[PDB]
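Below is Glycogen phosphorylase, liver form with caffeine bound.
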Amino acid sequence: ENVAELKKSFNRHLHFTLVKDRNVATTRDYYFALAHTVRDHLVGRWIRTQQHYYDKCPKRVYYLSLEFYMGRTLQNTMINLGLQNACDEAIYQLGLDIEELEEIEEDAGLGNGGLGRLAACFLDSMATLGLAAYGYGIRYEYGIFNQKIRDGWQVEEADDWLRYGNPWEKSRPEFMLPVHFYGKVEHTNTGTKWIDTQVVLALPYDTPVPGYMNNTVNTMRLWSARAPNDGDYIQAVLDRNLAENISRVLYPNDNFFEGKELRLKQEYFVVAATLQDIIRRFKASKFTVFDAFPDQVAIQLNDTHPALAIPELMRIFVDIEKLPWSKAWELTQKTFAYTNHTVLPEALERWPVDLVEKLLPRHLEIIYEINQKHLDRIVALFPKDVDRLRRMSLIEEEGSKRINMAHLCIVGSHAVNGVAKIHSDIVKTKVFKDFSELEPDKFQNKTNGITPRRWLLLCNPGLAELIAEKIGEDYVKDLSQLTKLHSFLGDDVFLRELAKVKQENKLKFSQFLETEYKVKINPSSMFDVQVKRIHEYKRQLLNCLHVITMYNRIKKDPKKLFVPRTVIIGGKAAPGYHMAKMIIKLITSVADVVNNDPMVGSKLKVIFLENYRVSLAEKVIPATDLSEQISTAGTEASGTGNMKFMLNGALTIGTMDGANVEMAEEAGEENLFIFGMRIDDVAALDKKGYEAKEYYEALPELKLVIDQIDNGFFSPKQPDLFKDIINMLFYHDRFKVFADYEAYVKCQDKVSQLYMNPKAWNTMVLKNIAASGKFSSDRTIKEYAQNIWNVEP
Amino acid sequence: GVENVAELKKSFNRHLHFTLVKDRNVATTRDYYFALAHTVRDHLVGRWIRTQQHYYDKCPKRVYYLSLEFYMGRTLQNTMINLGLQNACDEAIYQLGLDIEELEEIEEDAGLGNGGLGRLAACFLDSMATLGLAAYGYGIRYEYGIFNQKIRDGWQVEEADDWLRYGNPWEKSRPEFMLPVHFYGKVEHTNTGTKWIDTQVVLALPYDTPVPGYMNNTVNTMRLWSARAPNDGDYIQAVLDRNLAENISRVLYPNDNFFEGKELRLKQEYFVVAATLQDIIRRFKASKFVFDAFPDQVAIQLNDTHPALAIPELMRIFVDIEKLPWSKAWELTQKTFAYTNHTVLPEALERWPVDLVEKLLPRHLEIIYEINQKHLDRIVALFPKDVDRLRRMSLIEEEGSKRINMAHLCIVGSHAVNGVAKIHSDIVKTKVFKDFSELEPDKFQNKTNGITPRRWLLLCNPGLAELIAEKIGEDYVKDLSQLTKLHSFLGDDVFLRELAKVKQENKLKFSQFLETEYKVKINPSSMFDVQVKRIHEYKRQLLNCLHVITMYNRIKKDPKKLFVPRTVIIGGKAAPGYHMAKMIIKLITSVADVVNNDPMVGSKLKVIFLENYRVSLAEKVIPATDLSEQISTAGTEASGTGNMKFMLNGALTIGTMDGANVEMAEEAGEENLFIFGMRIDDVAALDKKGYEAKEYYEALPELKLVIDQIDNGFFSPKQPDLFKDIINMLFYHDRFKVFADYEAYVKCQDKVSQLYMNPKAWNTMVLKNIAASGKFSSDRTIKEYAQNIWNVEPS
Ligand SMILES: O=C(N[C@@H](Cc1ccccc1)C(=O)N1CC(C(=O)O)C1)c1cc2cc(Cl)ccc2[nH]1
Ligand SMILES: O=C(N[C@@H](Cc1ccccc1)C(=O)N1CC(C(=O)O)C1)c1cc2cc(Cl)ccc2[nH]1
Ligand SMILES: *Cc1c(COP(=O)(O)O)cnc(C)c1O
Ligand SMILES: *Cc1c(COP(=O)(O)O)cnc(C)c1O
Ligand SMILES: CC(=O)N[C@@H]1O[C@H](CO)[C@@H](O)[C@H](O)[C@H]1O
Ligand SMILES: CC(=O)N[C@@H]1O[C@H](CO)[C@@H](O)[C@H](O)[C@H]1O
Ligand SMILES: Cn1c(=O)c2c(ncn2C)n(C)c1=O
Ligand SMILES: Cn1c(=O)c2c(ncn2C)n(C)c1=O
Ligand SMILES: Cn1c(=O)c2c(ncn2C)n(C)c1=O
């Protein structure tokens, strides 16, 4: 707890746990010794917390997700346990630099983006609020791949994150479980029997989730695939890899459905294990016995990925626990709650019934029965409307039959929510109209949030300290306290101190940029940042057009006053996403021309931030002046990066989409740079018909950019390299890039104006930060606790 | 002894809490085991760091035992004993209200070996550490060791030995020493020399396991390498294909004394060799180093031919990497390497097809050719005429598909070659490699195998170790020859009663195991007749089987005739692809089922096929053995070591004058062992003449019956011709002349029975074996290797 004792513990671990001394100890060794030293501080409360849940039996919440974008654990753990300052001092006294040791830790990147990071922020919040929550996922041997740029292109490298070992995970062999696949169904007189199946074992690994300063430590249980133990002998042993390939790697797709059998196996794998583990726990507690199940258990479905949980639970209740269908179904609906995270057609999960029949025979039967009972009702309430039956069916018939997992989640759940007002609204009245009309009270909204511990206290200590010195540390657990910040809007000194914090973050992050990339950084320039997964809907392309735009204006009139900028664009593209990869090449091509043109000089620098991940977001976010949140209105369910930048002192330029809409409401629309078409404008443009060749014909600045991109100005060695981009823009652009081009650029010009007025710029910054309270994930979970899970802190 | 138990207790509770995240209410037995292991493990650290730091500071010559196998067994008790902590830990576990025996059984055996070869490496490590030698073991960290064997419907069934599933607290990853290993690619001959390009790369991640000397503060290292894919069409598939590179250290080839020319196997051999040589070279350069002193600082023992590629690999490093001239490098090489021949069985000789090698290790095939060219140029110069000698001495075999004779490469590439027992070393030197020793006489030597007295006496038989200690002191633990002092008790009946009692307690404890694992009811007063080793035709478990049946037919002949009761135990694993071995298992289990259930035989005889024979089990049945079966055909067992364990543990041996049996006889007196059957010369004479198994069948009533019973379905009614392959082998393809030794073997057994009815004489003979086993301590073997091969002294 104190410095002297932390030094002894560190040396004790370096010695007994790493078998090293100071002369032969590696940096990794020091990091592991520090990690173990901090890890020991959690054990007492972790056992105590789990024991408490058993003795008092509070209702349990289970967040079931295929993704958990956790990032690094060491610093986070030191902050939530109140050890950082002590450890920093101890390490320094041992002659080491804690910051260097921290960089050794590999990110636990078992997610793709928002969906996976949301889940991670939720666990932190649930632990901070003292809830009996458990996160359940898959312990991927490989998480989201590590990204590199070779010759301007994204190159993928396996993210072998467990290679050197993971001190934050705890194998729980006594809770191992078998998961079945294939086989056939047998309807006997003693119940239905799913037999002749292939078995794969699931070994759970527990990771502690410490709440912020509250003595609570929950658990994140991730499952690992293992071959059972019961032709060529060698091949047979090697073939054990097949089963174990189930939890081998995370599918690297963000907002896109890939119907691969292996993925279907991962979905069921995590689902079968989790539900059996929850049932066992339930039956092992202080408890026909199952009638109290929904009062003791709440399972949240993170998107439709774990949709199979609905029939799996039914399978268990009926075939194993011998409950009648009617009862089983009732308990199921009371147990599950579904969160819809997207409206993009390509992201919708539709599994071919053929694939499901072969792999999960008993589950196909259960899904069919669920649909029968479901459609019999509709037929009753609407004897005529037969087209309504087709639109609400769990099965799609057009061509090869498929299963609409989202429909399956709606009927098997008692609550369904979008992740932002505009998204939830679209989900309730448009996408699932036929369902909400019958069950209105079933649909809700639960606007996303981000944890102020990792995304403020951890990533920007300077800002957390400044805020804390002015209004106390109360805000860490109740972010709505940041509103008190309005009391200092005319405080010139607090405004200079606010600016100093940002500048320090920029100077430090600049050192990172000149170290990782050649480029020379103008530390006074404006840090224009857009970091997120590469997507056509997110429009990194639109941003790219503006950069080329600024570049030409500079070449055109070199002597014309230009507010300097450092444009940073980063994010991974799904491996099979061709257009995303091309977009990356374009950006890298532009930067090369821009960063090396003598006429532009320190006026404009462009950086493609490589390997964007949680630990990297913690560095660049505190260093940002301008946050790009420019996806086409109605395409971004919510967004969370936007919230991160808001809490850390950046201004936002974006469209009225996702949570951007709610940010404007909290801070006031004038304090954000909103632009472009809105949900209604995009629809009108659709009914009419989007003809992109019109804006190109009516906007010279855009035409120059387009011609340069099309004629090879950015790829001399390959004149037609960006042909596919141009082709999509002129004939296949569902995200209407050309349509928001003019408004975007004019918006960008106003940002530049404001940037030249420090007093005005920071004043707005302060109103934003003051208005960010709403976006703490503690508030999100609070609403989940009260309106869906019915549990208390 | 004060404050030692209390601190062990505190520490134990500290680990259960911080290391296992458990309290006394939720802890599993496995958690208690891991808690004790970490508690014991902490006592190795100080000495391990200190030991290795010392070898760095004093720079003694280092010995490197390179092997594809290390059959280590359990580490817990062994570590406690060598560190002098068993008594204190036993007491700490007890006071904590726990059953220490229950905890130790939790530990998984590190069975990274097939049999005696892998176990010898293990024993050698323990001894080298006990003698304080700067020794290092080098092998592969298999994810799956030798398979767990189960008996289903009388047949052997193999189950994957997933020994790392729950974690191994005894290994320590050393990531900073990872290394790249190359495969495939091609050879480019440029002006900058020869270059091996276009290669596929695999990484080698070493894992160090501490090897504690006995009561001397020395803690050596065993470094095992694990294969990992390097970080650098379809994304998901590409990531899944990383399993291919990792398959190289996935599982141990389960073959004992048998060459299987598989590509994966060749990859394992090169893998451990390339990782090891690079690491050894890196250590040399990091010490007070150009390479002229290498052979004076480095000695690498090649355990059999499996790591043969180490020779051309060192040449490759020396010439292609270090740029040394060929002549100089070849010189450094021979001085560095030493080869130990572990077998003369033709089916066990590694002969790789030149094509497989060219495709996988092209640069190495060129180097092997060049060594052969030089080598043969020498023969030619010494014997201008004799062209046949070239053919018999070449590393390349031409007949049909060209293959590489790895034995020959090891010989020319080494300064010393040895066998593992007088008779085998003589065979190697004068017959198999006759043309070679004639040129270099001094090169060939002998190094009689040994076993470590710590695991095979102190640990597995605490009763006998204490008995002996109360009579002649503890000195014998560090010098086994001190066992001859037991002779003073040749007349003391009191002592003989005590010796019989210890043996009795072991049989009673082991009987509990048997009846709990098998339906059979044991007669604790019966003679424990045991044959536990890998199932082989040359080891002749059949012969033994022919005796059990011969006996069965005798009891059914006169149910009232005095019969010396026996509990016959035959165990061992069969290589998955070894058809005849599996047939022999099915024949032994079938016979057993007929003898164990025959009402007329009752408590006179019981057959038990001991399932899953392995180091931990060996430690169980060995101390409980009365008679040891070591009956391999003369000239087939290069040495054997089981024989040694049994001898040291109070059992009498019935066997042929093969391997180390000859030397056991010389040491204890040929009449203090039941020797029988043909001898090497008798075997040769029978070969020259011609073996006609049918004659002995024709001339031996008791035998003819046993056979007719096997061939007609007496032991397999549902399947009358089930044992056809066995009958057909015994009659027209028996290279191990089973029947030829059947008559001698049966008469020999009757005498064993006779002697057993006489407690006083039986135990007297036993005492004579225990007092003469000192020569078979691996500490003696290692000392001899050190003086005459490695040229090093006890650091
Ligand atoms: O594995 C040991 N410590 C552990 C310490 C550790 C634990 C968890 C995460 C990181 C480090 C170790 O070095 N690793 C576990 C990792 C893996 O799974 O590969 C790497 C260890 C200490 C020790 C001390 C003695 Cl005397 C003998 C064997 C020993 N092993
Ligand atoms: O893994 C931990 N201890 C280790 C302890 C251990 C180490 C070596 C062999 C057996 C046990 C552990 O339980 N295992 C390593 C094995 C594996 O890799 O499967 C199983 C551990 C302790 C701990 C304490 C906190 Cl607060 C959080 C996470 C934690 N993990
Ligand atoms: C927060 C975060 C995201 C989510 O970003 P959006 O802009 O909301 O899409 C994605 N990736 C990482 C690494 C993050 O930290
Ligand atoms: C000693 C030992 C061997 C050796 O068997 P022999 O053929 O008797 O030399 C094989 N397996 C195990 C488990 C051993 O302990
Ligand atoms: C399928 C998917 O990854 N959806 C993503 O979910 C997160 C968390 O709700 C949203 O912020 C984001 O806008 C959306 O694209
Ligand atoms: C190739 C091989 O496994 N050889 C085996 O080695 C051991 C240890 O040297 C000998 O005792 C045994 O007789 C022999 O069969
Ligand atoms: C988002 N996304 C992908 O992630 C993707 C894709 N095609 C392949 N992938 C992987 N498409 C068309 C797409 O929009
Ligand atoms: C690496 N890479 C790509 O990833 C790529 C490409 N063209 C299209 N793509 C997606 N080219 C030319 C290329 O070198
Ligand atoms: C020892 N041995 C084997 O181990 C073996 C074999 N055939 C296959 N195997 C595996 N043969 C004929 C054999 O003698």
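Here is the naming used below: chain letters follow the sequence lines, and residue numbers restart at 1 for every chain. Computation of the quantities below employed the complete heavy-atom set of this structure, encompassing side-chain atoms and omitting hydrogens, waters and symmetry-equivalent molecules. Not the full deposit; the contacts listed refer only to the portion displayed. Note that ligands are numbered from 1 as they come in the structure, with each ligand's atoms numbered from 1 the same way.
In the structure shown, the parts corresponding to caffeine are ligands 7, 8 and 9. Those other chains that come under 4.0 Å from caffeine (ligand 9), heavy atoms only, are B.
The binding-site residues for caffeine (ligand 9) (non-hydrogen atoms, 4.0 Å) are B/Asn255, B/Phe258, B/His536, B/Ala575, B/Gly577, B/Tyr578.
Those atoms of caffeine (ligand 9) with a heavy atom of B/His536 less than 4.0 angstrom away are 1 (C). Every atom of caffeine (ligand 9) with a heavy atom of B/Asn255 under 4.0 Å away is listed here by number and element: 10 (C).
Regarding atom 11 (N) of caffeine (ligand 9), its nearest protein heavy-atom neighbour is B/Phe258 CE1, 3.3 Å. Those atoms of caffeine (ligand 9) that come under 4.0 Å of a heavy atom in B/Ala575, given as number and element, are 4 (O), 10 (C). Within the listing of caffeine (ligand 9), atoms 7 (N), 8 (C), 9 (N), 10 (C) sit less than 4.0 angstrom from a heavy atom of B/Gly577. For atom 1 (C) of caffeine (ligand 9), the nearest protein heavy atom (residue, atom name, distance) is B/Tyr578 CE1, 3.3 Å. Using a 4.0 Å heavy-atom cut-off, no UniProt AMP-binding residue of chain B is near caffeine (ligand 9).
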